[PDB]
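Tafamidis:Transthyretin complex.
Note: chain IDs run A, B, ... matching the order in which the sequence lines appear. We number chain A the way the PDB entry does; in order, the residues shown are 11-124. Following the PDB entry, chain B residues are numbered 11-124, in order. Residues displayed in chain C correspond, in order, to the PDB entry positions 11-125. The residues of chain D that appear here are 11-125 by the PDB entry count, in order. Just so you know, ligand 1 is whichever comes first in the structure, and atom 1 is the first atom listed for that ligand. Computation of the quantities below employed the complete heavy-atom set of this structure, encompassing side-chain atoms and omitting hydrogens, waters and symmetry-equivalent molecules.
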Amino acid sequence: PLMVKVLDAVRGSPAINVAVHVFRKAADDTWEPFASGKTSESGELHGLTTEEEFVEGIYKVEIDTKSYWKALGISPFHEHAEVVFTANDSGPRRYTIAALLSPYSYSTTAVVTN
Amino acid sequence: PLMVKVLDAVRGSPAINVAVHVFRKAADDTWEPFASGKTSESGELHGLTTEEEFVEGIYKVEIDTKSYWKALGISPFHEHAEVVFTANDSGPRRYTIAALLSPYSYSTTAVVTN
Amino acid sequence: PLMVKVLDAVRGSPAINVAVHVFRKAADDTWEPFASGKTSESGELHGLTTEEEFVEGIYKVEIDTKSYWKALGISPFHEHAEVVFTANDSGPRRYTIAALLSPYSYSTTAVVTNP
Amino acid sequence: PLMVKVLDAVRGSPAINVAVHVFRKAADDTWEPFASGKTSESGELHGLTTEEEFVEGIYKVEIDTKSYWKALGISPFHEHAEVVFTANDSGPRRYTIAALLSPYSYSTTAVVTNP
Ligand SMILES: O=C(O)c1ccc2nc(-c3cc(Cl)cc(Cl)c3)oc2c1
Ligand SMILES: O=C(O)c1ccc2nc(-c3cc(Cl)cc(Cl)c3)oc2c1
C-alpha cells in the first residue's frame, strides 16, 4: 500500500541506498516510528507496510538526502526531505511517494491509485 | 531502450491517454517522425522503439499536455511539453523520460540506466 | 536574510496568503518557534528575522500548503511542505526558500547569497 | 510584458548568463525569431519585448540549458528547455517564465498577471 521512489536529478539515475524513515503521528502529536529501509538499485523501497497495518492517519516520510549527497562527495543544502500527508480510506488504495533530488532542491509528488 | 512516463500533479495519478510523439533530428535540422503512442493506465508508454532503431542522435519527445488538461475540463498554459535530448552510446542504455504535469507548470527528468 | 516565495502551479500566479512558520532547533533538540508570517499578493514573505537574530542553527521552514489549498476549497494531499537546513554556519548568508505548489505535489529550491 | 527567470538547483543560485531565444509562430506555421537575451547576475532577463510588439500569438521560449551547463564544464542531458504557450489572446497580460535547472532535469512554471 506504500512505496517510496527516489530519483537523482544530477546524475539522471535512481537514488540508490538512500535511507528512508516512515513515522505515524500519535495521539499526543509526536511522531512514532512506523517503517524504514534503504532504496534499492531502482531507487525504490517496497515492503514498508501491509494493508492491515497502514490505517488512516498522518504519516511522515523522511528521506536522508544529506547522507546521499555526502556519499557522492557533494555538499547539499537540506538536512533531509520530509513528506507529510494523510492516508484516507475514501481515496485510492495504493500510495507511491516519489521524490526528485538535487543538491539545493527537491520535488515530490504522490501517485495514488487503485 | 526508450520509455515515457507522465504523472498528474493535480489529481495525484498517472496521466492516462496522453498523446506522445517522438521525433529524430534529421541532417537538415528538421524533425522527422520517429515513434508515437498514448500513455497507458499507468501513465507509461512502452514499445516506442527497438535497440536497432534507436541510434545516437538528438530526439524530441512532445507530450500533448493541452489536450490532456482540456479533456479534464481544465484550461492549461502550455501548448505541449517538449523534451529534447541527445542519445549517447557511451552512457547507459535505457532511457526513461518522466514528466510531472500541472496546468501552468511541468517538470521533467531523465532516468538513464543499464 | 530570510525570504520565502511561493507560487501556484494550478493558477499560474503567486500563492497569496500562505502561512509560514519557521522553527530553530534548540540545544535540547526540540523545534523552537522562531518566526512566522504570511505571503503577500506577490507570493513573498519578507521581514521574518534580522541578521542579529538569525544566528547559526538548523532551521525548519514550514509552508502551510494544506491550509492554503483548503482556503481555496480544494482537498490537497500534503499536510505542509517542510524545508530543513543548516544556516549561517560559514557566517551570515541570505536565504530565499522558494516553493511551487500543486494539490498533490510541490517543489522547493534555495537561493543562497553572500552579501 | 515578458520576463524570464532561471535558477540553478545544483549551486543554489540564480542561473547567470543563460541564453534565451524567443520565437513566435508565423502565419505559415514557421517559428519566427522574436527576441533574445541573456540572464543577468540575478538570473533574470528583462527587456525582451514591448506591449506593442508582444501581440497575440503562440510563443516559444527556448532556454539554452545545454550551453549553460557546458560553459560550467558539465555534460548535461537536455539540449534546451522549450516553453510554448499562447499569449495575449484575451488581451495583454504580463508573463514570467521561470525555470529551475539541474543537469538531468528541469522544471518550469508561468506567472501570468493582468495589469
Ligand atoms: O512510480 C513510479 O514508478 C515512478 C516512475 C517515474 C517517476 N518519475 C517521477 C517524478 C518525475 C519528476 Cl519530473 C518529478 C517528480 Cl517529483 C517525480 O516520479 C516517478 C514515479
Ligand atoms: O518571479 C520571480 O522573481 C521568482 C522568484 C523565485 C522563484 N522561484 C521559482 C521556482 C521555484 C521552483 Cl521550486 C520551481 C520553479 Cl520552476 C520556479 O520561480 C521563481 C520566480
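- Every other chain with a heavy atom under 4.0 Å from tafamidis (ligand 2) is named here: C, D.
- Residues contacting tafamidis (ligand 2) within 4.0 Å (heavy-atom distance) are C:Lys15, C:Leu17, C:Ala108, C:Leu110, C:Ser117, C:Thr118, C:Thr119, D:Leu17, D:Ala108, D:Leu110, D:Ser117, D:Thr118, D:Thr119.
- The deposit credits the origin of chain C to Homo sapiens.
- Within tafamidis (ligand 2), the atoms closer than 4.0 Å to a non-hydrogen atom of C:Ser117 are 13 (Cl), 14 (C), numbered from 1 in the order shown.
- Protein heavy atom nearest atom 17 (C) of tafamidis (ligand 2), with residue, atom name and distance: D:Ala108 CB, 4.0 Å.
- For atom 4 (C) of tafamidis (ligand 2), the closest non-hydrogen atom on the protein side is C:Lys15 CE, 3.9 Å.
- Taking every heavy atom of C:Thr119 and a limit of under 4.0 angstrom, the matching atoms of tafamidis (ligand 2) come to 13 (Cl).
- Residue, atom and distance of the protein heavy atom nearest to atom 7 (C) of tafamidis (ligand 2) are D:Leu17 CD1, 4.1 Å.
- Counting the atoms of tafamidis (ligand 2) from 1 in the order shown, those under 4.0 Å from a heavy atom of C:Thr118 are 13 (Cl).
- Of the residues that UniProt lists as binding L-thyroxine in chain C, those with a heavy atom under 4.0 Å from tafamidis (ligand 2) are: C:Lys15, C:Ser117.
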